[PDB]
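Notes on a structure featuring (S)-suprofen.
Since chain A takes its numbers from the PDB entry, the residues it shows come out as 3-583. In each ligand, atom 1 is the first atom listed, and ligand 1 is the first ligand listed.
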Amino acid sequence: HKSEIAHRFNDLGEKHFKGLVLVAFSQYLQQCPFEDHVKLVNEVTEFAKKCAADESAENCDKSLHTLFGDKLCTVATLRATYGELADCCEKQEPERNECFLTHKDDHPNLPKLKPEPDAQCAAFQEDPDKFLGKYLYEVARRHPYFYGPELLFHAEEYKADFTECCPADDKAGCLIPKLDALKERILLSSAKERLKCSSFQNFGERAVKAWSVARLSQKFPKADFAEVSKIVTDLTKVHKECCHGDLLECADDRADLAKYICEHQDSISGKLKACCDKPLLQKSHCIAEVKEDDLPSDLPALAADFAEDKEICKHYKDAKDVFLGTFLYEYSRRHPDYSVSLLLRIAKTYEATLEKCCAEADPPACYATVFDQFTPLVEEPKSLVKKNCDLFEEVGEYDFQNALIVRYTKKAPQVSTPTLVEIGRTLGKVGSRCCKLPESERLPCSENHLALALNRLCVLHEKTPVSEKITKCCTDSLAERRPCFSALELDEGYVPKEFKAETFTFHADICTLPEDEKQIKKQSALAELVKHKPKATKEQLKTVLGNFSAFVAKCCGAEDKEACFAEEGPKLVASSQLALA
Ligand SMILES: C[C@H](C(=O)O)c1ccc(C(=O)c2cccs2)cc1
């Protein structure tokens, strides 16, 4: 097709097309006003029409990028708002996108989205086309790497929830429990995808594909290796393009892969029938979040092929990754109770065992026990979520977050306090989700989500490196990240942060904050206590945070709030230093 833009226009349909365009734009330029973005969509949407009707027209034959980054450059206020971003335009393709992507902001500090059960149905009954378009703008900008097509699906979750209850009697009774749940689902999905792009960008395709083979195997244990290799190829391609901004090609390829899975669902999984009865974006969303299919009764003994087989080694020399992928698919198949990372770790301990036993040794008798050189690999993460869910159930989420903040702040006290507080709080939320689960579901729940939070840390740390040791965890190896982080401990050369009184001076302003905001204030206080007394025990810190918390609550109910803070503040600070000896 000589017009790649026409081709995508006819394939995708105007809405989704324009929808993917707004999102493409809200991601590349994140603090441009909304109707500013809207305009840009039309100017490209319009061009696609001329080609859809006549491909031979000039400029219809050029790359989507060409025809998109061109549109970015022309816009006004791009330099005075985004700065360095404006520099990328002298560049050409392929480097222009390269450069643009660089300047996507993973920590934008734009203000929260407040759920307004009265005041926001104003735009709902007013105009759908700008209430959905708003939300897509509003989420794309706070998540520059969000899975392009999954967003259009969330938007229609947004649409349908006001539907059920905007003029309804008890407004925020039906609504706010929904938008809240949703808010969560966005952040998780954003974290899942950020990790897919983070892996392309740090470790290349080979890492994404092993991850997928592992994960689709667990999901579709009934499919066979060539069904799975097939889907993994198409699916990796789809995410490679999404992470590179080519949303249009990303969505088209996604539709085709949904179409494929649905046509062959009978040899993939019986969990797919429900997905396959749906409209497009629901169908794609549904496939991507499908539950793991039941294991097949005929599952063969792993032992023969990979333990008791007489000749495993020529297979290697000739079939390098191909043979490994086989192991990975067969192991992952019957272990829905392992995290993806644990599986890749085992698969590295086959490409490991197999090098020793076969080459420069006599294979069959020493590797006939390889399956037990994994039980250490398994016991470790099991003990770990054991401890941490014991701790969690014992003390609860806020105090679990507090512990992780302390734990992580000793590991890397050089990291800024907002980041420490974010990872601490994110890790604690994992505890909520993953510890209640049947205890065969919590290792994969926990460690898979741990992968997301850690990757978030690593992305922040990519923006502002402060510790060579973090850098080693984030970049040495994908499969080993969590182990690496578990190994960090307080640097014995660390010099405690010089004590700053201002840093624990509270005022009556903290009384108006919503509670999530009060907690962060406290939890930051907590990181800062650690950064200044890094050797204090978790038990001591708990006491001192107890006292700061009582002091806040007390004074926030005082008549002279501010003279309360004035008079009690400093006493506490002096008394706190002695307590943290
Ligand atoms: C990597 C870090 C560590 O131990 O250094 C860590 C390891 C494991 C966990 C952990 O198991 C959980 C948090 C929430 C539910 S389970 C939390 C943090």
Item to check | Most-contacted chain for (S)-suprofen (ligand 1), named by the PDB entry | outcome: Serum albumin
Next on the checklist: So for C436, does at least one of its heavy atoms come nearer than 4.0 angstrom to any atom of (S)-suprofen (ligand 1)?
Outcome noted: no
Checklist entry - Would you say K413 and (S)-suprofen (ligand 1) have an N/O pair spaced under 3.5 Å apart? => result yes
Next on the checklist: As an exercise, identify every atom of (S)-suprofen (ligand 1) less than 4.0 angstrom from a heavy atom of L386.
Outcome noted: 7 (C), 8 (C), 11 (O)
Checklist entry - To the nearest 0.1 Å, how far is atom 1 (C) of (S)-suprofen (ligand 1) from its closest protein heavy atom, and which atom is that? => result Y410 OH, 3.1 Å
Checklist entry - Can you tell me the protein heavy atom closest to atom 18 (C) of (S)-suprofen (ligand 1) and the distance? => result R409 NH1, 3.7 Å
Checklist entry - Which heavy atom of the protein is the closest neighbour of atom 15 (C) of (S)-suprofen (ligand 1), given with residue, atom name and distance? => result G433 CA, 3.4 Å
Checklist entry - Any N or O of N390 that comes nearer than 3.5 Å to an N or O of (S)-suprofen (ligand 1)? => result yes
Next on the checklist: Hey, which organism does the entry list as the source of chain A?
Outcome noted: Equus caballus
Item to check | Proximal (S)-suprofen (ligand 1) atoms for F402, defined as those under 4.0 Å from one of its heavy atoms | outcome: 13 (C), 14 (C)
Checklist entry - Relative to the heavy atoms of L452, which atoms of (S)-suprofen (ligand 1) are at a distance of less than 4.0 Å? => result 7 (C), 8 (C), 9 (C)
Next on the checklist: Under a 4.0 angstrom heavy-atom cut-off, which atoms of (S)-suprofen (ligand 1) come close to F487?
Outcome noted: 5 (O)
Item to check | Site of (S)-suprofen (ligand 1): non-hydrogen cut-off 4.0 Å | outcome: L386, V387, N390, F402, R409, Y410, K413, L429, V432, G433, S448, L452, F487, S488
Under a 3.5 Å threshold, I'd like every N/O contact between (S)-suprofen (ligand 1) and protein atoms, with atom names and distance.
unit_1, atom_1, unit_2, atom_2, d
(S)-suprofen (ligand 1), 5 (O), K413, NZ, 2.7
(S)-suprofen (ligand 1), 11 (O), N390, ND2, 3.2

